[PDB]
J.: 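If you scroll down you'll find the structure; I have some questions about it.
Chains are named by letter, beginning with A, in the same order as the sequence lines. Note that chain A is numbered according to the PDB entry, with residues 23-681 shown in order. Here chain B follows the PDB entry, giving residues 23-681 in order. Quick note: numbers on chain C are straight from the PDB entry, i.e. 23-681, in order. According to its header, this structure was worked out by X-ray crystallography, 1.9 Å. Atoms within each ligand, like the ligands themselves, are counted from 1 in listed order. Part of the entry, not all of it, is on display, and contacts are counted within that displayed part.
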Amino acid sequence: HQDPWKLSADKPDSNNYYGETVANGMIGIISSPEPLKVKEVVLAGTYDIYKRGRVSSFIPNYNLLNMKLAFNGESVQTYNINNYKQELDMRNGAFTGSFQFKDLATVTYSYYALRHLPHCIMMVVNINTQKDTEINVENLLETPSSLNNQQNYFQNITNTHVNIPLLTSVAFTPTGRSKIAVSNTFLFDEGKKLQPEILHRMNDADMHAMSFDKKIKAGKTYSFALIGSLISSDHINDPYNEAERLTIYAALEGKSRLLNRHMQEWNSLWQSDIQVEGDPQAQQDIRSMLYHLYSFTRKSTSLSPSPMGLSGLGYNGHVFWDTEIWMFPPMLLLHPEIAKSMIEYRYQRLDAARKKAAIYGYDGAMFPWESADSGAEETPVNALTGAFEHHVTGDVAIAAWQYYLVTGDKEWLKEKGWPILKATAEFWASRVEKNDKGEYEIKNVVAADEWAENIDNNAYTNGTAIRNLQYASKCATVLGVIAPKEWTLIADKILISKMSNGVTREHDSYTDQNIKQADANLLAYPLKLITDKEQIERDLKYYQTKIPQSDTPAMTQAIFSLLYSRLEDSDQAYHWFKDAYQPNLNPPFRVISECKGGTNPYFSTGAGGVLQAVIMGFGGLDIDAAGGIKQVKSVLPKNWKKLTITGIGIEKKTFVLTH
Amino acid sequence: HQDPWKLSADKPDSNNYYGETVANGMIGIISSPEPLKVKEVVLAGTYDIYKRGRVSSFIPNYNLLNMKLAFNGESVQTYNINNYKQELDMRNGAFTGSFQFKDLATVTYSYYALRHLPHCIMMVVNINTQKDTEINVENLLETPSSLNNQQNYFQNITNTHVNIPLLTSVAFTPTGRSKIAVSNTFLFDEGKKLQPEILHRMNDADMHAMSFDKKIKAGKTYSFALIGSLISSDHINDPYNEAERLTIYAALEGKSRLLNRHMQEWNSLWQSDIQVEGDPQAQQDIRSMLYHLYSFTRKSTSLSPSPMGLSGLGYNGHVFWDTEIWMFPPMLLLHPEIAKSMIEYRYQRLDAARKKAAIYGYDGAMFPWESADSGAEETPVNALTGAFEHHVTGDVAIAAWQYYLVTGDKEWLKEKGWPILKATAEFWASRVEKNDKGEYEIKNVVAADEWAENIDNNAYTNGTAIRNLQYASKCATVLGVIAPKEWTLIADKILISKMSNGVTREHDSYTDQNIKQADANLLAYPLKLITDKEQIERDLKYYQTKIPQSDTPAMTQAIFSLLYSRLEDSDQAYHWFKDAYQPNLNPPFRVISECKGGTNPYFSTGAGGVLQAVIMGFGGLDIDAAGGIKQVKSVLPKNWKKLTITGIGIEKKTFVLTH
Amino acid sequence: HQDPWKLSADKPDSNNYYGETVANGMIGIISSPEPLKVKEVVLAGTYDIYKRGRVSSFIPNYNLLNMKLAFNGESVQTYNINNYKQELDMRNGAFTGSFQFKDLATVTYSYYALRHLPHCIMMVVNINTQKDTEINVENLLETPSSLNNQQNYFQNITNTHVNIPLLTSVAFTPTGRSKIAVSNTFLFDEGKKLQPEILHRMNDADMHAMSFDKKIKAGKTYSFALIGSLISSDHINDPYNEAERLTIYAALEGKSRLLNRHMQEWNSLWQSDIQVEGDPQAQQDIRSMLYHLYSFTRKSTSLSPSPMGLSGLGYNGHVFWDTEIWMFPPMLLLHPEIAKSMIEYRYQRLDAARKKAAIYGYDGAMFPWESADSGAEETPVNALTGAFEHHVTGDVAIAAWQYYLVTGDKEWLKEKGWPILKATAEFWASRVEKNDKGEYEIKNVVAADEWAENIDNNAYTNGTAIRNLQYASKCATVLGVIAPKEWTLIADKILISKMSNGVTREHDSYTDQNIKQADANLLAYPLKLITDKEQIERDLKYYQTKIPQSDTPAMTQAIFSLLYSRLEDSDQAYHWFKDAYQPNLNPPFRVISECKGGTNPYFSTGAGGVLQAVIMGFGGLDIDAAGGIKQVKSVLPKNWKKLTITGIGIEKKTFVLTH
Ligand SMILES: OC[C@H]1NC[C@H](O)[C@@H](O)[C@@H]1O
Ligand SMILES: OC[C@H]1NC[C@H](O)[C@@H](O)[C@@H]1O
Ligand SMILES: OC[C@H]1NC[C@H](O)[C@@H](O)[C@@H]1O
């Protein structure tokens, strides 16, 4: 189970199973241990009041692939199959199951969130017989209890050449805020005259189904596909007609064309890859990380990943600095156009940030701690982060400047970067307070160490304000505009203090408290405010043991790894690399939970972190302050013979590292 | 009945009557055979789910002019009047009825969709008595069954000088998507003290009425008017108050001011005119075509005509390439500012085109086959054109470039033309596939010949892609912007094939099939990809026979006419000119149906086609690729002594043609 | 009661009491005569159909400060309190009440609409007992009858450090157009362990309450605060969560930080001030005028004041030319950034003005007589002003040009001023009619003298059209853009006529009618079309006695004052100054009603007028047509020893005047 491209599980154990996800940046499908079922489906961009937090949330959607298969009128179940296996092919996001039913037939089924068609899904089923048998196949559209006011439809779309049977449902999110349409069809190879008649049943309030029978002789392979389109009022004005239209189009494209297009898109994604020689487990793990990031983003959009991407409802689907600081930097280097989507998400919500600033008594743009559809604040009111954790504004500005540094796109800087950088700088200029010594303080925040609440002069926050102001001033110079000279004066005098031992103080109330996650250490990377090697080391020595083993998110150890790599300490770098995700894994596919021993995968934030430890740490790759990508000194784990990183920067460079 | 300015009908035959329309680009009113009634009223820009196609539709609206007239308490009906006549004055869009009631009085009534006031209507009624008589007059607001949740209101708006009685109705389209308000008033000449008291009855769930009596002595003329305002939530935030406000405004402007303004606007429209000497029927017919286009469009808006304009619900009020290719070119030459509205419709829906492209796996902007309020696809799901007829994107780009060529407005090119041209070119670049010989193919479309479904390399479609790409590249050069060099490379290598007989092949599966309408012939005009005269001729010879007499729309013969005019073949040109619309006519006003012997007027697309045959064909007028309007060789029908075309181009030129 | 900074009232008389307002540009709170109650609360930007006019309106909001106080379970009443006093401190918008309960304790309470936090309020309560006693305190959230579908909530927001109890209500405006959320908390000094337990009762459908008891020992002061946040769907997508979030944030900021920020903002506002020596009553009155303007506007927004600011539902909260011509000029001179908000209100509604123009048959932008949320017309239909009072378009243009003149901001001219000026000029170009002598007329308007309805060539209206056209042409020149030369030709020939006595004729039907308010006199100031002193004087002589004593708004005499000051006639200037507001005052705080002896304060329009009489009249300050602020000859009232005006223009100049 250490193929570098495939994750595999034998005989799923439902008592200890955490599904894997396939996704195209719009729809995500999470596996079930049960054959021919899926656990959960999630549509990006669709939010309503639901469960956790009393704020907007992703909504569990139609489990549109659910099928029941019977042989000779005997239902297939986990309990009467054998040789049952599941595999995820990360090369093309194909989830496949396979099993034997008694003495009758082998079943293989593969499903896909099609890469080119954001709202279309497909499952292909093959049955290979060892004896004569008749299958009954049923596709179920059960309206989840998250949705309401459902309607269940069925019709035949025909011409002289086809009969396309459409199983359609339409329903609402809990407050009526979004309308959801799903439309499914079966695709056969045998043509209109010979295809099975499709029956429709509507026996339940919350479920309807289409079904058919097929006699198959011994020694034959019978194939069929299920295509499904899932779309909402958040994506299109008339989701009902659009879903039908999409499934009909996909049906007439046909399995072969769909999968060819799908594969082309995935092949382009994997032109940026990380290859490790001498450690199969590392190789597979890093592939899983890349795969989940690629699955949970989409080029040419305004979508941004939640901390859990499309793996579920984790953190209500909300967007945090988890994007800008954690998932964005690796995507910027490998695929700038994915990064472009992430920052586009922020650019389009600049106006709601302006609104937030005004409501909280400030100038410019104040980005929310948690963001969703509108760009307004979405943090649950019970968390003081919503009101008080303000570094997110600086995080957005850092991302925006980085995007420009890497691409050199001055047109985008003028159209999008500068709006962001200017407004966010204006925020910080209004956020600081000058004291009697002419220093600038940022008081009463929640720190990046979120256990420290309502404290003053948080190191990380104050670091982001410095960068935000500096970068906005540089941006002005690039565009030939005059920037308020206050921005520089403030930046140069924002307080970052040291304790008597010379260690960066986390905040004004800080002595030796345990901390939730990296904060002061973030001034070294990614901010690069602290570049002195002895200072990096002292901060590392002092804080690295301040993060407890339990209930601490995967937003720490990856940075420790990167910083030890930069210091050229292989044993330390490798210790922290492994510690950042290996204690967080869930079976059977080594998905990453938020915390050690956690059970809430997939935490895509953690993946993005570790990916920087690999690319920026072991690879030595770094965003040069004067533009483009550079390489600094680095070390590999002892047991790594070669590290190869492809498709870096706009020149798409390959970096090879050996001992 | 061959006045060059008036269409007239004696004694309307209700068993065989197709009403004429008066319209101001916003409201259309379709005549009834019955006196003092109207058949149908349609409001542009208002769409909701309704009947045909399960998709958005124009909605039958309040027949706000319906009046009942009684003499000595005896209702006027078709059955008790005599000398009944109707006439449409195309000079000012006045529909007039006139009749005699027994021995008592002559009635004349004229109604108008006021040209300056998009939401206001007026009917003027004159009664000339031959004996003493008392009239009872009633104005009815019946809520059509297309609307729901109606409220019926009545009030008196007063000051010391006036009493303006308002009959008001407010209701909803089927799904609640639009709120509709209608407000009517009666205008008298005799002033507040002497005017009839107005009674209000609300006897039915779906109808209320205002009424009055008036004694008139023998030998006197008594005049009154009905003013009506009709508006929706699609046009204004508060339609209820806005309708009342408008009717009060119009009332205090008075009949005389309203008609003077109305006539000024119509006079401006007719400064661009076509005059034919030697054929009264041609003259009247071409006037009707101009009149319908002028009535169904409006300068300084973002409105675009449906194929049936405001003549009714035809094609659900949706916008098709019927605008860009068929109705737009004649309007661009005669009145550029009307063309500007047509393309503005598309510019404002550029975003919904981008959305469609992404949903179907493409870059840039993919315009919908059928468009309505949002700009999203509105083609009924049962018709495969929705998903597969793709030339519409190129049609929109061609229109946009043409607009620039004719006006020379480089500011508009930068602000509106280039956005369109760039996105649409990006679509085609993503739509083509390169083959092993370095040619580019466009596979799996429905052709302009819509009877050819799911075929490859449609001549017309491939023609539009070439033009779209070339024009986008030229546009880039004009604005000094760098365009992807791919656009030219692709354009130059898109496939256009010939069969062994040297005739342009319609598509890759094409041999000798009957075709719905012109396709390959369109490469000659309007695309002008084929300029070789022998090639034009061969394509004409081959395909002209391929269109059946039945169920083929009026989007063919007009092109045949134009192309024979260009070749200087008068007899052929004239045969096809007449064949394009004369077999499609409906009595008593010679309105045009979509197909030969059809019964679904008024097909404004057909009119636009024929108008190009006249202007571009017989007139020889042509949009020069380097800018402005030029004239190429042409011929007139034998029986036409003179053809005069006025107000052409931004220089407003007159073209005179004789044998 | 003539402190120059405080308005004060002893023993409020509920039978003759008009409350004063505290406001921050977003929320207004109007005082009650009763202790620890407020009369009315109004939220800017929230409109729905409600009562007057059948059109959108501000809505009575939660009286969120209402408290009941008891000693030893004996409620505070008028009948058992003594030295009851109220005071408004204009320095910081603090409304304070103070009183004695029997012989046992002194209570003071001060409330604030916090200047930095647009949606937050605070009341601070101090109780000093002279014997041991127990207070019961109750904060009531009664849902006003203006709102519907209310929900009453209560919860505890905690961490180890705090327990923040939230009393929250959510409700809807009459039609469901706006959702309103209010969330209150109590702030204690004594910390989490020792703070009173908070009880919650929900005994009524429309009222719930939080309460607590506290023992206070003899000779001790017990202090607590109430913080309230009031917000709607018009301000934020999720008002319910945002209100809770804001109150939590304010609570953790704490009273002291909030009042510090509050005071900083007020201190900046008062850096522009008017000081009079030798007339305490004048000084206090002019301070009240300034105070009300500062309270009813807000820098860095798109908010514009209604004629009654945030003092209540006066004129349904609608925006009129009352802003551009009456409130805007004094704010432009003193604080340009407040003026910038006023014109931003119009810039953001330019599109709805374009819509209105098209609906009424005109080009460009036609601003509504009455404006609210959308920018569409909101005048009640029963007032002919809505359809016919057209000078508002010119008024908006004049304001826009003035803004540029004073600031010199050419970036804003290009981005915002020119759009407005161009569209509005295009309106007038389409609005005029040329007659036989080559003059231009504007026919069928309601005049600025609104008693003149449906008349032609109103002096004021025609004056605004001249200015609008001239300013748009000048604006074009500044930006190097070509303007239609028709604008100048029209401007130069618009009709302004004189009667035989050489007096400016108000309109074409005008001889000697009484008039509602200044019209022809407005051509002298503000338009400055009439600069000849003898002409000014003759117009003044003829019209000044044409305004009746009764039911004439305060939009006349202040102009008379300014014009007599410009003529150097102190006795006349001073007569008209006092006449403009002194007969309009209401007790106990000298609030200004709309008309003499009126009872509908606070008419902020009137205040703006008088403030121009002071600044532009007595101060001689004037907007120079070539840019910046200048000073012309002027006179002071005899009894004024010195007039000092501070913070004028972008150079923030001080003007000092003596005899
Ligand atoms: O994953 C989202 C969120 N969880 C809590 C963490 O402390 C914070 O750093 C992160 O943004
Ligand atoms: O007129 C609407 C529509 N009808 C069908 C025709 O074939 C097509 O060309 C046209 O666009
Ligand atoms: O104060 C609002 C409105 N009331 C009536 C006045 O006549 C008018 O001039 C003013 O704009």
J.: Mind telling me what drug shows up at ligand 3?
T.: 1-deoxynojirimycin
J.: Quick one: what's 1-deoxynojirimycin (ligand 3) bound to in this structure? I mean the chain with the most contacts, named like UniProt names it.
T.: Kojibiose hydrolase
J.: Write down the other chains that contact 1-deoxynojirimycin (ligand 3) with heavy atoms under 4.0 Å.
T.: C
J.: How is the binding site of 1-deoxynojirimycin (ligand 3) composed, by chain and residue number, at heavy atoms under 4.0 Å?
T.: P329(C), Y337(C), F342(C), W343(C), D344(C), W391(C), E472(C), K538(C), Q539(C), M577(C), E616(C), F625(C)
J.: Which UniProt beta-D-glucose-binding residues in chain C are reached by 1-deoxynojirimycin (ligand 3), meaning they have a heavy atom under 4.0 Å away?
T.: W343(C), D344(C), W391(C), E472(C), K538(C), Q539(C)
J.: Which neighbouring ligands or ions fall closer than 4.0 Å to 1-deoxynojirimycin (ligand 3)?
T.: none
J.: Among all protein heavy atoms, pick the one closest to atom 3 (C) of 1-deoxynojirimycin (ligand 3) and tell me residue, atom and distance.
T.: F342(C) CE2, 3.7 Å
J.: Nearest UniProt active-site residue in chain C to 1-deoxynojirimycin (ligand 3): which is it, and how many Å apart by heavy atoms, rounded?
T.: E472(C), 3 Å
J.: Would you say 1-deoxynojirimycin (ligand 3) has an N or O under 3.5 Å from any N or O of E472(C)?
T.: yes
J.: What is the nearest protein non-hydrogen atom to atom 9 (O) of 1-deoxynojirimycin (ligand 3), stated with its residue, atom name and distance?
T.: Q539(C) NE2, 3.1 Å
J.: Quick check on contacts: which atoms of 1-deoxynojirimycin (ligand 3) are under 4.0 angstrom from a heavy atom of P329(C)?
T.: 1 (O), 2 (C)
J.: What atoms of 1-deoxynojirimycin (ligand 3) come closer than 4.0 angstrom to any heavy atom of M577(C)?
T.: 9 (O), 10 (C)
J.: Starting from atom 11 (O) of 1-deoxynojirimycin (ligand 3), which protein heavy atom do you reach first, and at what distance in Å?
T.: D344(C) OD1, 2.5 Å
J.: How far is atom 4 (N) of 1-deoxynojirimycin (ligand 3) from its nearest protein heavy atom, and which residue and atom name does that atom have?
T.: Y337(C) OH, 2.9 Å
J.: As an exercise, identify every atom of 1-deoxynojirimycin (ligand 3) less than 4.0 angstrom from a heavy atom of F625(C).
T.: 1 (O)
J.: Mark up the atoms of 1-deoxynojirimycin (ligand 3) that fall under 4.0 Å of a heavy atom belonging to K538(C), in ascending order.
T.: 5 (C), 6 (C), 7 (O)
J.: Short N/O distance, under 3.5 Å, between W391(C) and 1-deoxynojirimycin (ligand 3)?
T.: no
J.: Backbone or side chain, does any N or O of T627(C) fall under 3.5 Å from an N or O of 1-deoxynojirimycin (ligand 3)?
T.: no
